[PDB]
Amino acid sequence: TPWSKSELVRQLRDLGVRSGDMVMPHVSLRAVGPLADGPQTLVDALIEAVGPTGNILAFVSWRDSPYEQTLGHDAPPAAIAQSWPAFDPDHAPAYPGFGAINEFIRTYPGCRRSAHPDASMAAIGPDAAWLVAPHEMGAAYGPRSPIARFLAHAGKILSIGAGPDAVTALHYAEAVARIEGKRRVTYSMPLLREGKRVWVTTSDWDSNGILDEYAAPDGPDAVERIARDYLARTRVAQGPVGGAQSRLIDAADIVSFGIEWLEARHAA
Ligand SMILES: NC[C@H]1O[C@H](O[C@H]2[C@H](O)[C@@H](O[C@H]3O[C@H](CO)[C@@H](O)[C@H](N)[C@H]3O)[C@H](N)C[C@@H]2N)[C@H](N)[C@@H](O)[C@@H]1O
Ligand SMILES: [Mg+2]
């Protein structure tokens with residue numbers, strides 16, 4: 001029997017999602033199981049559990065981000081620079097690798113999209129506009145980004161069948177941690193400004209490994225190692241959403257744990 005919206009809403013209530021909550025979901029749809037009306041059933045259940053006063057924040061990114069094509073260069077390669085489409089936040093589809101649910105969240109009516117092409121976030125709720133802006137190049141996940149305002153606004157991380165590597169909010173901990181040898185990257189993004197395509201080159205913290213030992217491909221990063229340690233030492237509400245196992249995590253608490261975790265292991 002495919003899961004109905006109402007069943008999902010009640011499981012989300014059992015897990016601890018309250019009216020008015022600020023929630024960031026990481027969803028594996030395969031672990032959830034079949035839904036009454038496909039992935040939209042889970043989106044509707046999230047909106048309903050969070051209520052008319054709550055908020056959803058999702059890391060959707062961009063399907064056609066020229067990250068690899070421009071990473072390491074002082075300027076976009078000529079072939080890339082002439083033909084690559086500019087980031088249109090109203091029509092650019094989400095990145096499928098971060099979850100198939102994100103394209104349904106971003107096309108939901110009233111959803112707002114942040115301006116960062118590679119680190120794009122989508123928000124639904126009365127505080128959506130406050131969440132998504134500003135989001136500038138050079139502040140992907142660090143202070144002054146949507147994740148920062150999410151952390152200050154009692155955000156909860158809702159992992160539905162996702163692994164510990166999926167906690168996007170922990171990249172904030174990498175940004176602010178006082179440790180030596182933090183890796184940075186340089187890449188270019190095509191932005192749409194006053195109707196016109198403009199290429200912008202910036203540098204930011206390497207979101208694929210803040211230090212060399214976490215940048216390996218094979219290859220657990222700092223985010224996964226922090227999350228595994230956290231989940232082994234912390235009481236966290238656990239339960240099923242659909243057929244997937246889910247955890248509701250206090251975002252400020254795990255980020256705070258991540259800063260101490262990184263700073264205890266690497267001198268300043
Ligand atoms: N390093 C190990 C981790 O890698 C990926 O997670 C990363 C993404 O790679 C990164 O993405 C960036 O780099 C990609 C590859 O160059 C580009 O395609 C993409 N546009 C660009 O946003 C996110 N920003 C942060 C996230 N933790 C895997 N999901 C995760 O399971 C694994 O633990
Ligand atoms: Mg409010």
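Position 1 is the first residue of the sequence, and the numbers go up from there. When a ligand or atom number is given, it counts from 1 through the structure's own listing order.
The drug at ligand 1 is bekanamycin. Going by contact count, the macromolecule most engaged with bekanamycin is what the PDB entry calls Aminoglycoside N(3)-acetyltransferase. As stated in the entry, the source of chain A is Enterobacteriaceae.
Among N208, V185, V223, the residue whose heavy atom lies nearest to atom 4 (O) of bekanamycin is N208. Residue-ligand proximity, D221 to bekanamycin, at heavy-atom distances under 4.0 Å covers atoms 33 (O).
Bekanamycin places these atoms under 4.0 Å from at least one heavy atom of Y67: 13 (O), 16 (O), 17 (C), 20 (N). At a 4.0 Å cut-off, not a single heavy atom of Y214 sits close enough to bekanamycin to count as contact. For bekanamycin, the atoms lying closer than 4.0 Å to a non-hydrogen atom of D165 are 30 (C), 31 (O), 33 (O). Remark: minimum distance from atom 24 (N) of bekanamycin to any protein heavy atom is reached at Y141 OH, 2.8 Å. Per-atom contact check: atom 28 (C) of bekanamycin does not touch the protein, criterion being a heavy-atom distance below 4.0 Å. Of the listed residues (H116, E68, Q69, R63), the one carrying the non-hydrogen atom nearest atom 14 (C) of bekanamycin is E68. Within the 4.0 Å heavy-atom criterion, the part of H171 lying near bekanamycin is the side chain and not the backbone.
With a 4.0 Å cut-off on non-hydrogen atoms, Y187 does not touch bekanamycin at all. For bekanamycin, the residues with heavy atoms nearer than 4.0 Å are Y67, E68, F98, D118, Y141, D165, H171, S207, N208, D221.
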